[PDB]
There are 2 protein chains.
Amino acid sequence: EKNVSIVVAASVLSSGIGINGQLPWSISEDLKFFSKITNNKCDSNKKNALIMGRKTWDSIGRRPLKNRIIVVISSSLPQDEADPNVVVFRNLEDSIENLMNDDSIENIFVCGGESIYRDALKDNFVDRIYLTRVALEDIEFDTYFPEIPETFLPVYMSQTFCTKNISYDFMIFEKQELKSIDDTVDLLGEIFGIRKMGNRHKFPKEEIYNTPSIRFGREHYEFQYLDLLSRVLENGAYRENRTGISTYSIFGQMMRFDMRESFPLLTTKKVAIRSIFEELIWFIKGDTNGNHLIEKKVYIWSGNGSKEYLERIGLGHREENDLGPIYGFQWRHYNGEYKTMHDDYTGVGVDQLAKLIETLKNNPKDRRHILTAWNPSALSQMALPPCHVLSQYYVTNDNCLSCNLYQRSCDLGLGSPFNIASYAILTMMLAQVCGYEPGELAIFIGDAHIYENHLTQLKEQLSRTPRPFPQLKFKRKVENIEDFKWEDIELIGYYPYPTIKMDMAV
Amino acid sequence: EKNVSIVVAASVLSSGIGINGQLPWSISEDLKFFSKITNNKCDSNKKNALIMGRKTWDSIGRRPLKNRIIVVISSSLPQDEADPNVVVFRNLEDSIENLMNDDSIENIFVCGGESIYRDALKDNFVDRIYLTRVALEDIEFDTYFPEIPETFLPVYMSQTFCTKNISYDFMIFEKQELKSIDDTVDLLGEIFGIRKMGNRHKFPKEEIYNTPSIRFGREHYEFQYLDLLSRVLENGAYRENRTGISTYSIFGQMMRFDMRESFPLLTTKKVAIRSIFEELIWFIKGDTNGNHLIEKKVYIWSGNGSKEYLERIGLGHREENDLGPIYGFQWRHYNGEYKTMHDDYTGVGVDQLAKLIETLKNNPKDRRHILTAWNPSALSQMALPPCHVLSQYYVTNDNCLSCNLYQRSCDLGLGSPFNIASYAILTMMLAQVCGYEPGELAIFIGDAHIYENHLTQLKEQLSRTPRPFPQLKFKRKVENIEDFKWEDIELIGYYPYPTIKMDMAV
Ligand SMILES: NC(=O)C1=CN([C@@H]2O[C@H](COP(=O)(O)OP(=O)(O)OC[C@H]3O[C@@H](n4cnc5c(N)ncnc54)[C@H](OP(=O)(O)O)[C@@H]3O)[C@@H](O)[C@H]2O)C=CC1
Ligand SMILES: NC(=O)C1=CN([C@@H]2O[C@H](COP(=O)(O)OP(=O)(O)OC[C@H]3O[C@@H](n4cnc5c(N)ncnc54)[C@H](OP(=O)(O)O)[C@@H]3O)[C@@H](O)[C@H]2O)C=CC1
Ligand SMILES: CN(Cc1cnc2nc(N)nc(N)c2n1)c1ccc(C(=O)N[C@@H](CCC(=O)O)C(=O)O)cc1
Ligand SMILES: CN(Cc1cnc2nc(N)nc(N)c2n1)c1ccc(C(=O)N[C@@H](CCC(=O)O)C(=O)O)cc1
Ligand SMILES: Nc1nc2[nH]cc(Cc3ccc(C(=O)NCc4ccccc4C(=O)O)cc3)c2c(=O)[nH]1
Ligand SMILES: Nc1nc2[nH]cc(Cc3ccc(C(=O)NCc4ccccc4C(=O)O)cc3)c2c(=O)[nH]1
Ligand SMILES: O=c1[nH]c(=O)n([C@H]2C[C@H](O)[C@@H](COP(=O)(O)O)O2)cc1F
Ligand SMILES: O=c1[nH]c(=O)n([C@H]2C[C@H](O)[C@@H](COP(=O)(O)O)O2)cc1F
């Protein structure tokens, strides 16, 4: 009685694994994974058995795999004994004889095709599933991996990797069949109430924890966003704010995201990537004219830039969509005397973005690559104070550009998915203009909150198991950072869950 | 063969447990801990046995403890059978008969005095130790808890709690005698090099991990600082900077500290608390005259305010210790045109500190309680750009004041212990002036680094197991935040390890 594991690489949506007797992709690192996972043994005097169907045995050229015993399931192949590393059985059930005897076999791996996968699960022989989810769907398949039965639960989901602009994951499914420290902490939590800080940071209940079966393997960095939602639903204090919509709030949180092998665009909800870009280039160009976003069919700043909103906050003399000195005016003209959105500001103020770019390539190990938007002198003139307040950038020794952002207030339903993708794109733009590669993205949050009208929507999003992050590549190398256009951005392999509508609080 | 655990409350340094037949303190929550830990059982048809010496049996008034069987070790007490909850044995060894039979006893607790503790460890009967470290040392003891033998290792250390301005810890010592996920992550780490983000955030090796036996119980929030040192020693990239002393650096880190039940002043090194306060009030008063710190025997700003340093960075015409517009000038006179440190700036600039205090008590749930020091217009005039760059404040529903700080550059050997305590004091000052209680402190760090001349010292500090945090209380309620004096601060129960000398890089 030893372990039996399925190893498979299937597409993210339809679970396709083959086409015309071969794989529908060529991912070198996935083969190395297959090699290392099937050679993984504990006894040096034992080998692992790899069960596969005849057509898969043809796919690998009918040649043995080093340090392993291949078991071919076939009704016609001669039960040859010349090759000791290849053995043939007439059916899958009889081939599980590696359990009954043959103590020289330690582990068993089911590597075969659709036929072998389908009746290995139907016969209930499989204990574990090693799934490699590949983000390729608009191609043709003729061989599929069967649907994983409900008796299996995911226990691990790796970060998103990239090969030839193809995103892929690594997951482990398992079939469902110290205490003195946990008790001591519980007892101290009964004595001290909220005086024990752990009781103010309670672990999220299972009913609000995304994919709860993955306990020790939440490597996918979309969990950095989904677990923050769970922590707010668990510990968020009901609080009123300047809008009529109250929130559940906590203070002091952070999220990490990789940008080397993926792009942190959420997959549990379809995110409007075009509106994010058009706002970011709007900041970079130094623009505060709210109409230029509306002319490009981007209405995210309509609520905070209406005549009724501006008159209520004390800016009745301001034009309709004149947002005042905000992001992109403190970026390019810091401390510049603001007039209107129509005046010419070329020359006035401190151009932080230009000095940032010049410093990134002239003194990379400098510890002052800082871009700020919090200007106490201009706060009164703003339609809304900056939420992403200050950001720092860092050049690694292997010529990668990382980014840190402090966010004073974070709408986790709407602003946060935008902020994650926006500062990811900005770091990639700065990386290309400065001749670096994208690094990491960290977001430090002050008031992380959830508006009460987003509760049903965000709980729906928590019911969706994440998919691998997409890729984002630029089609051309610009000379100045302002020259980026939406046509220059290619979003490769993005298969999100359906969009979720959420109303913004004005 | 069941479990035998010691429950004891001893002082932090000398391990004193008694004086004149009673406890040298009165901590109510510690008694509740003793009650809940000794009543903790798994079988409802079984009781726990509490072994204690005769003098301890006298200390509790010779009355039984509810739901438990008290076992008194005495050579003279009559082996009475009238009370079924109290039984007498002639020696400690015979009383361990609860192991041989008496299946109605589930767990055994050694609660007695020094005599019972000493030969319960000498006789090698004890499996676990529940230690309550109390921060009281300048009093008199006549009964001590013996030194814990090397066969025990700590596995848990709680946060610091407070009762009547007395700090105390809860520790667990234990006597020394899924795999598929760990392997899958290891194999993916062999395939991808630094492409897998986990490989850029490697867990610290045991040789650089403070108190390595505490794996799942690192609750004491001084580990938030000690584990950051370990992560830098593990993943820090060797990098050159504006000083001749290179550092080992990582980007994007954070630390949490409680301020409700303790004051986050490090115990693994004696920290100059007076210099921290005198610098903070120097900031609050709006002062940039470096001589006012030297006149009070505080020399932390001497290096960045010398004639040779100022002439080297391009401020040769600046006076000796004229640091320019820095912390406390952007606090009290933001965007104010700076001349020298002798001129009068009352009225010029934006007084952030006043607007912060006014906003904290007039609009507590406001999400804009922000204090910044990053002024791109004044960076060139500064003797050194701000390291603690921006801080945000937050009022909880139970009227506590929390603080978040973003630090662009963090000298983990010198500045970081100062930054942790300084912004803790500032948050407490703002809390008293605004009528709140201290909350939590979170520090988000950009360039966390260790100077190479601090390696021997910081490794020495990592060899010291932390002690409970002290308390910091104000002696009087001031009317204005500027009126705080060093005499107004009371540091209660601070017993640190000896100070460690580390030279500052200019
Ligand atoms: N992405 C991935 O991880 C993998 C993809 N693939 C791909 O899938 C395709 C191959 O899969 P598939 O088309 O299903 O072919 P199979 O690999 O499943 O092989 C089928 C053969 O196995 C034998 N067989 C199957 N079931 C039985 C049975 N119940 N009793 C006796 N013999 C049986 C038969 O051999 P016979 O006719 O001789 O009797 C049958 O023709 C290829 O494109 C391959 O590249 C394959 C493996 C992994
Ligand atoms: N902080 C804490 O957690 C605790 C503190 N304490 C404090 O410690 C003090 C008391 O401890 P302590 O002074 O050591 O006295 P003890 O509680 O250890 O009691 C000693 C008595 O136990 C009996 N005894 C001890 N050893 C033996 C033996 N080898 N064979 C037979 N009988 C033995 C003797 O009783 P007899 O003379 O009758 O034969 C002896 O006088 C008090 O101040 C108490 O408050 C006590 C418990 C816990
Ligand atoms: C056609 N086929 C089936 C195949 C392909 N990809 C998969 N990918 C996964 N994740 N799981 C599978 N079961 C799987 N099976 C193949 C193809 C090549 C090798 C192979 O050459 N393996 C070498 C590895 C070669 C190298 O290291 O790159 C080994 O040592 O195991 C195995 C199976
Ligand atoms: C003198 N003495 C010994 C004593 C005192 N403090 C300790 N503190 C610790 N952490 N550990 C000990 N073994 C310990 N022992 C005492 C004193 C009172 C009670 C006691 O009354 N316990 C009640 C608790 C009372 C309450 O809940 O406040 C119980 O039900 O267990 C026990 C032991
Ligand atoms: N309270 C508050 N005030 C704020 N001011 C400015 C912002 C930024 C912002 C403002 C509005 C949005 C927004 O509605 N997107 C719509 C959308 C959501 C999900 C999926 C797709 C789409 C889509 O684009 O179709 C996003 C971001 C902001 C905020 O988020 N909250
Ligand atoms: N590189 C670099 N440049 C910087 N400029 C300004 C600072 C702030 C600072 C500057 C200097 C110190 C400092 O030496 N304390 C000495 C000390 C350390 C431990 C215990 C006691 C004592 C004590 O004798 O009182 C601390 C803090 C700073 C820095 O920390 N690093
Ligand atoms: O980029 C943004 N991200 C974001 O989360 N918000 C949300 C946070 C909060 O819900 C609101 C600001 O409200 P307040 O100014 O009161 O903190 O804007 C706004 C942005 F522009
Ligand atoms: O409060 C402070 N905290 C701190 O960490 N430094 C250190 C960080 C860095 O090692 C050094 C120089 O800053 P820079 O990165 O601009 O060279 O000052 C200085 C302070 F004043």
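Just so we're on the same page: letters track the sequence lines, and every chain starts at 1. Going by what the header records, the deposited coordinates were determined by X-ray crystallography, 2.8 Å. Ligands are counted one by one from 1 in listed order, and the atoms in each one are counted from 1 as well.
Given pitavastatin, ragaglitazar, methotrexate, tivozanib, lexibulin, the compound at ligand 4 is identified as methotrexate.
Counting heavy-atom pairs under 4.5 Å, the chain with the largest count for methotrexate (ligand 4) is, by its name in the PDB entry, Bifunctional dihydrofolate reductase-thymidylate synthase. Other chains in heavy-atom range of methotrexate (ligand 4) (under 4.0 Å): B. The contact residues of methotrexate (ligand 4), taking heavy atoms under 4.0 Å, are given as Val7(B), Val8(B), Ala9(B), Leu23(B), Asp30(B), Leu31(B), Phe34(B), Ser35(B), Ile60(B), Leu65(B), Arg68(B), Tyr117(B), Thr132(B).
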